[PDB]
**Student:** 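Structure with glibenclamide attached for reference.
Each residue takes its place number in the sequence, starting with 1. The header says electron microscopy, 3.2 Å. Below, each value reflects all heavy atoms present in this structure, side chains not excepted, and no hydrogens, waters or symmetry copies. For ligands, and for the atoms within them, numbers begin at 1 and follow the listed sequence.
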Amino acid sequence: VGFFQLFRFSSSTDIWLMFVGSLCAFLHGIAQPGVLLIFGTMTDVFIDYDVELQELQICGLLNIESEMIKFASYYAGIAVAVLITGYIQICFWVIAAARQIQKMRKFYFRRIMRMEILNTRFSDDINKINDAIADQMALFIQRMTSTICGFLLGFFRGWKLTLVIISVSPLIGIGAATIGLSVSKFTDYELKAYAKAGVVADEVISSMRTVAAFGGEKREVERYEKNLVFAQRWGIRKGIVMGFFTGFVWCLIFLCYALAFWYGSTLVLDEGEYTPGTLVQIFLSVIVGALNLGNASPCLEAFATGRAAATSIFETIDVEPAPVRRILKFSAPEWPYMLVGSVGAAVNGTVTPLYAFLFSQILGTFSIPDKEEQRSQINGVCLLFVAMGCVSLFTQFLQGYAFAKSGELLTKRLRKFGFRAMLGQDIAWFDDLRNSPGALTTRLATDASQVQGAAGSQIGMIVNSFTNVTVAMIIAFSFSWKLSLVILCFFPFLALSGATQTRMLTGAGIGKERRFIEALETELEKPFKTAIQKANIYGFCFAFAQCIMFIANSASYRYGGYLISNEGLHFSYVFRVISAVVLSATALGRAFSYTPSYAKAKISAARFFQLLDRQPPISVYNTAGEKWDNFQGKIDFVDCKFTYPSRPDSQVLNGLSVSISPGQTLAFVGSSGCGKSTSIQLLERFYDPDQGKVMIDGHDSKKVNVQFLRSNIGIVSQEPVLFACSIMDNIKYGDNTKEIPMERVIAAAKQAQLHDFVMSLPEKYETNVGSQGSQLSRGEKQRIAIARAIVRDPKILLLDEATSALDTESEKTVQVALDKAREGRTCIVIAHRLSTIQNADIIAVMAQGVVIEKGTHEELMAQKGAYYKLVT
Ligand SMILES: COc1ccc(Cl)cc1C(=O)NCCc1ccc(S(=O)(=O)NC(=O)NC2CCCCC2)cc1
Ligand SMILES: CC(C)CCC[C@@H](C)[C@H]1CC[C@H]2[C@@H]3CC=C4C[C@@H](O)CC[C@]4(C)[C@H]3CC[C@]12C
Ligand SMILES: CC(C)CCC[C@@H](C)[C@H]1CC[C@H]2[C@@H]3CC=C4C[C@@H](O)CC[C@]4(C)[C@H]3CC[C@]12C
Ligand SMILES: CC(C)CCC[C@@H](C)[C@H]1CC[C@H]2[C@@H]3CC=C4C[C@@H](O)CC[C@]4(C)[C@H]3CC[C@]12C
Ligand SMILES: CC(C)CCC[C@@H](C)[C@H]1CC[C@H]2[C@@H]3CC=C4C[C@@H](O)CC[C@]4(C)[C@H]3CC[C@]12C
Ligand SMILES: CC(C)CCC[C@@H](C)[C@H]1CC[C@H]2[C@@H]3CC=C4C[C@@H](O)CC[C@]4(C)[C@H]3CC[C@]12C
Ligand SMILES: CC(C)CCC[C@@H](C)[C@H]1CC[C@H]2[C@@H]3CC=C4C[C@@H](O)CC[C@]4(C)[C@H]3CC[C@]12C
Ligand SMILES: CC(C)CCC[C@@H](C)[C@H]1CC[C@H]2[C@@H]3CC=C4C[C@@H](O)CC[C@]4(C)[C@H]3CC[C@]12C
Ligand SMILES: CC(C)CCC[C@@H](C)[C@H]1CC[C@H]2[C@@H]3CC=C4C[C@@H](O)CC[C@]4(C)[C@H]3CC[C@]12C
């Protein structure tokens, strides 16, 4: 509706509190163009003094010392003005914002409970409306004032140089807008590209028992690594486009600098209506205005989100980040692409010190007596600007492409390795409710893409800042080291102006409806006190950050004037040293603000490594065991005790002492829960026994290879989970290993009572399963599952309550297929339904799991069994 409707207050105190802060923000915004005007005056004074100095060695009533103490005093006064004004802005704005937001929360809470008979998102929505109103609207006003006044005095002092700079501004505007649009477009494209690999991951992890039972760990990994390339390539494309566009923006900026300096030089030398100080003032003022306009996009983003969340509440009224040293170790194969990226960082790190050097050269060449040599030097510096712009284009593009490629390769490798590790875990690891299909998929998709922040981009920005600081120090200490040390004294504070920014930013009936009107109002004193203390400390930090640059400039320029009056050094050297050191300090301060991504990436890397470095009790990838000759399935149960660590409901899981010879059926019929499916897990070694032994053969379960054991058992789950690849991929999947011919599949299909149906389809055998086909009937996917179970020719069958189809017509087909699937082989079938013949085996398991009944269809009459219990 409007961000002016947020402040519903006619209260005088809040309005005046906001008004004073807004006035001080306006004054602070005024300060920077004014200090730039003073800077232009100094530049004019320096140039005039240098000209007279050169003339005197081939007027004089200037006394550069007096002018420089006057300018330094003006700078100190502006510094204290900035300190006071910024303190007022932050303190008053955040205090008033906290007051109004707590009043709104109080009104909301008093209004919700009195009426006829997403909450913490609300807390975060009020959080964001207070965020839109506390400091975003003060900084926005200050930056708007800064840019408007910068453009205004740029026009006022000279209306042509600012005119051409404005005329060249749009191309940069179009480039920035296109970059902003691409930020979201490529995010959407990357999500669409990764959708397929994510779908594969969810399909595999969702049904992990089936994947592990058939030993299809390698096949799913193969599918995942095959599908990951389509998202890796889109990551590469986004990276290269972004790098090229940022290089284009940088090259355009440097071309603008060259054009402005050539045009200003022509105006100053030929026409003469511009003095060089006016040129410097105009250029710096327009640059400051552009920077302030660019920096306001965040603030406008906040304003938007906040109006939005009050549009949300307007009608409710009226484990350890320790390991990082191994991230490089894990990223060893991508050593060249990072190295090349480092070359991109080490080259584009020098652009700021070189820009300071070239600006100082332009300033110092304005005192050259020769007009033609002046023009030649200016032309040379403009050509250097053009060359540096082109170099920045190429280097930014190359750095972006290389680091995006390294990050995407690392993400793909991490995703594949994490998927392999997840597939290698035991079944119990998937029931913790902290490693869930959704959470595991999130870890595969998001965390791996996040580790690249600590891996590649972090190294790049570190190298960029290190090279920036090194080159700036080399420039500063090679011309005047004394002034270099003087400004280096303020260097740590200038860096901390941005380094500590994040560290401080991130830090009805029976009820009488009248008791709670008083227990809530007094509760909000402490949040108000902490808010006002935080606002005061924020104000002090922000005011110090804003005024430290002015103080440093004042002191350094006073000392530079002293040096010029005493030591025979150019003013251009003073400008060079001071500007280079200040810019390097700003860059370094921007560098240490890396925590919001670096800490998250380190947490992500730690979680992965913890997942990868886990040794499970039952390792499918382990080759430990002893059973090899003539498998027959002489399964035996001895006093097996199970606690079921997922849920301690039936920790007394004992009484199972059955043992069947090879070729014997064994039906487990008992209660509806905790007596049906546990032995399935024990036979599959999904969980190892705790206080019992499962004696599969001459050797026990705990000491037989899991791969070999699962290879000999055919599993038919309760619900038939089938992959969406193909019928062949869903029938030959049972023997996922080699030695699978197109034969032995026709026999399995015939034995599964499916060959006629699979023959009826036009796509006879290459039919695709899923939403792209017609197989939704249970009595057909169940038959494909049974076929997949039988093609491996397993000695043991593990029916797990199949034939759960409502239509009896399909039930008869699946049950006759299962009956033809046994053919005198060991099996443990769970059948709540009475379809299975009771002559298969004896009813022995009760609710507790105790095994007592053993007689062949004659002890079930004296003792309550399956049918005898139901008939009473
Ligand atoms: C002070 O510029 C220079 C003078 C000479 C040279 Cl070779 C380079 C620069 C330079 O740095 N070019 C980078 C672009 C730039 C500069 C300043 C600002 S700024 O934010 O307006 N600076 C202040 O507010 N501090 C003032 C500056 C004047 C003295 C008193 C303190 C914003 C952007
Ligand atoms: C824009 C710069 C250059 C000039 C200074 C602007 C100041 C005076 C503006 C900026 C934001 C403004 C406030 C924005 C919204 C409201 C809510 C409305 O219900 C009453 C007026 C009030 C409280 C405004 C008072 C004036 C205000 C503080
Ligand atoms: C809040 C109290 C303590 C201080 C108020 C600070 C105000 C009045 C100061 C801060 C910066 C100052 C400006 C800085 C530089 C210039 C350029 C000069 O050629 C004319 C004056 C002018 C435009 C100043 C006007 C007054 C000014 C806006
Ligand atoms: C319009 C956008 C894309 C920015 C580009 C504008 C350029 C091409 C314009 C802006 C100012 C112009 C200059 C203004 C005045 C002079 C003086 C003399 O030497 C003749 C040409 C020359 C040097 C012009 C050449 C073209 C020029 C440099
Ligand atoms: C395309 C938009 C962004 C404007 C960029 C134009 C820039 C790169 C162009 C416009 C005018 C050009 C100048 C025109 C003429 C000369 C004189 C020659 O002896 C040396 C190069 C020099 C000094 C050129 C340097 C590059 C220059 C400043
Ligand atoms: C050109 C200069 C400035 C920087 C060069 C790049 C440096 C900082 C970085 C970029 C990527 C880094 C490599 C990334 C990963 C590994 C694998 C592991 O065994 C640790 C060392 C090693 C081999 C790193 C060595 C240092 C390295 C090459
Ligand atoms: C984005 C870039 C490529 C835009 C093109 C602008 C640059 C590359 C072009 C425009 C005009 C060119 C200048 C035109 C003429 C001369 C005079 C010659 O004796 C030296 C080279 C020099 C000074 C050229 C250097 C390159 C130049 C500045
Ligand atoms: C890393 C950054 C932030 C700070 C580095 C400060 C270093 C480079 C400074 C601190 C003290 C300095 C020295 C102080 C005095 C002299 C004596 C004379 O011969 C000039 C150079 C020399 C020898 C300086 C060289 C640079 C120096 C060693
Ligand atoms: C590395 C940073 C923090 C600087 C640390 C040293 C600072 C605090 C001190 C130690 C030695 C000092 C210098 C010693 C001698 C002189 C000569 C005299 O004309 C005063 C300025 C000057 C040039 C001093 C400037 C300040 C100085 C550089």
**Student:** Counting duplicates, which ligands or chains stand for glibenclamide?
**Tutor:**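 You'll find it at ligand 1.
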**Student:** For glibenclamide (ligand 1), which chain wins on contact count (greatest number of heavy-atom pairs under 4.5 Å), named per the PDB entry?
**Tutor:**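 Most contacts go to Bile salt export pump.
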**Student:** If you number the transmembrane segments of chain A from the N terminus as UniProt does, which have a heavy atom under 4.0 Å from glibenclamide (ligand 1)?
**Tutor:**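 Counting from the N terminus per UniProt, segments 1, 6, 7, 11, 12 have a heavy atom in range.
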**Student:** Which residues make up the contact shell of glibenclamide (ligand 1) at 4.0 Å, heavy atoms only?
**Tutor:**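 With heavy atoms under 4.0 Å, it is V35, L36, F39, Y75, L284, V288, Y355, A356, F359, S360, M549, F550, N553, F575, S579.
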